[PDB]
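Entry featuring ipratropium.
For chain A, we keep the numbers from the PDB entry: what you see runs 1-528, in order. This deposition comes from electron microscopy, 3.1 Å. Every number for a ligand or one of its atoms is a count from 1 in the order of the listing. Values reported hereafter were calculated over all heavy atoms of this structure, with side chains retained and with hydrogens, waters and symmetry mates removed.
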Amino acid sequence: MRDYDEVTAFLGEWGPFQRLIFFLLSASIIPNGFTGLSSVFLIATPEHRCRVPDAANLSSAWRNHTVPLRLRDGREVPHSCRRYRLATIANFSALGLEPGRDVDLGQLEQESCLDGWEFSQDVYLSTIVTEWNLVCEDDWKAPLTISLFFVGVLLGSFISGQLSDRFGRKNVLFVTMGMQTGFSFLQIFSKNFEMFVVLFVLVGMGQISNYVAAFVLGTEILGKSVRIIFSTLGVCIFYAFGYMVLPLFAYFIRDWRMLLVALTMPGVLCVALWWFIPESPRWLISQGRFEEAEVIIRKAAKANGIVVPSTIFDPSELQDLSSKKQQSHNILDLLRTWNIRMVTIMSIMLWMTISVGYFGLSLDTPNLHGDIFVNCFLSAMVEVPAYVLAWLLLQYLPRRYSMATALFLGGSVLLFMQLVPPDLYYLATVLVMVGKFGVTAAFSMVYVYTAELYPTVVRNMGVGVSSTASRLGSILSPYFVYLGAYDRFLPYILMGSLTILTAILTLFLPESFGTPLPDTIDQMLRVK
Ligand SMILES: CC(C)[N@+]1(C)[C@@H]2CC[C@H]1C[C@@H](OC(=O)[C@@H](CO)c1ccccc1)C2
Ligand code: NA
């Protein structure tokens, strides 16, 4: 018996086949870039105030003084959820009385907006918040939709695995790509809020599912050395490109339906890949469909120009491949021994906190100062050097000090936010981008570090548990942004404190660099 990576080693590590597969599977990750964080523009809240119908016979003075003024940022602004009793105002205006001259505005009665709201159109022409008035007593519905999107992503994480195992990688990939694109398109025709919410849940489910299927198919087709590069840089950078191009679209298109059309179109464009990506030969061998694997291997050999006679490859060996011992599935293994128990708890908390920080910072961009589109672009762009640095650090430096430093930077920088004087408000944006830089580096590194910490017997299970923890964290991530209304800096204080505690935690994990990866739990490294 032999190994699949050995039997197939004759194809080489790099060449026309593996190159095309690498850049096509990576290109299929772009739509997840602008689909993941489109909520920053689809669910944005413009400035708004109570609407006063023009039927009111109010003087120009009264029309200038129809809403109480409240102070924000040290500056007067119309109160966004309350107005002076329109009937009392109309009675005063009919009597000839005028504000200030005859009326003390400070003691008038107030009511909520019974004629709806007037949203400004300086930035957004329309969004779902303006469509269904998700403001004042409905404001909690705005982040809820985003939480529900990540809820769908959670469910997709469970389902896409089993589906891909039972029906293949390419089939699940393209089916869920089409599902995501179709439900993204359908959302344009949402009559009311509930249909939009449920369609957004399904869109997130499809998005996660097809990301996962692309990742698994790529890490199964590519060779041993290029596998790491694909997993680490290949998909991350093209996700960053998708995110970076999201604000480019949102700048020209400022209507949520036309923006959904624009973000839907690339998904339809990706369907051409069906004729270029083959099914994973390793999976087909797992199902016992050896003729299809043989055909795909011979086609790859022909594409790379390698002569493949019986002396260098034969299906008889293909039919007698080795199978690795099956890994434990019962979760009890992760809790049976004290050391692995503690390592699992720390990894859960580390992944959840890194995810909360990353998605909170991503979703908080429209609340920063300066141009919203420039801020979103800078947020998307600061990830590419974060991935390059993460990759170099993983290649050459111990994981513990690297991740302690990246988290310490990401957390400490945020705590400085409250110390920036308003005159130099732009420094706060600098800090926030450096903050997200650190978080992004840590987020890229943990995917590898955790996979090294667990022994083979349960490695996948442990990684999956920690990954689910991170995904749970992003359900909470839009609510930390929601807290920005109660107190501007509270979200950053929370994120910074939690990140510093996570950076302190990381130092207690055992070091893996430069040591053989363990095979059985008895060989697992001990926590400090
Ligand atoms: C930060 C880098 C390493 N990622 C490529 C990792 C973690 C975040 C980012 C994107 C990806 O994680 C996701 O969950 C993706 C695809 O499901 C996602 C992006 C945006 C919204 C929801 C999910 C995997
Ligand atoms: Na995709």
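- In this structure, the ligands or chains belonging to ipratropium are ligand 1.
- Most-contacted chain for ipratropium in this structure, per UniProt: Organic cation/carnitine transporter 2.
- Under 4.0 Å from ipratropium, heavy atoms are found in these UniProt transmembrane segments of chain A, counted from the N terminus: 1, 2, 4, 5, 8, 10.
- Heavy atoms within 4.0 Å of ipratropium belong to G36, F150, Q207, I208, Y211, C236, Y239, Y387, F443, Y447.
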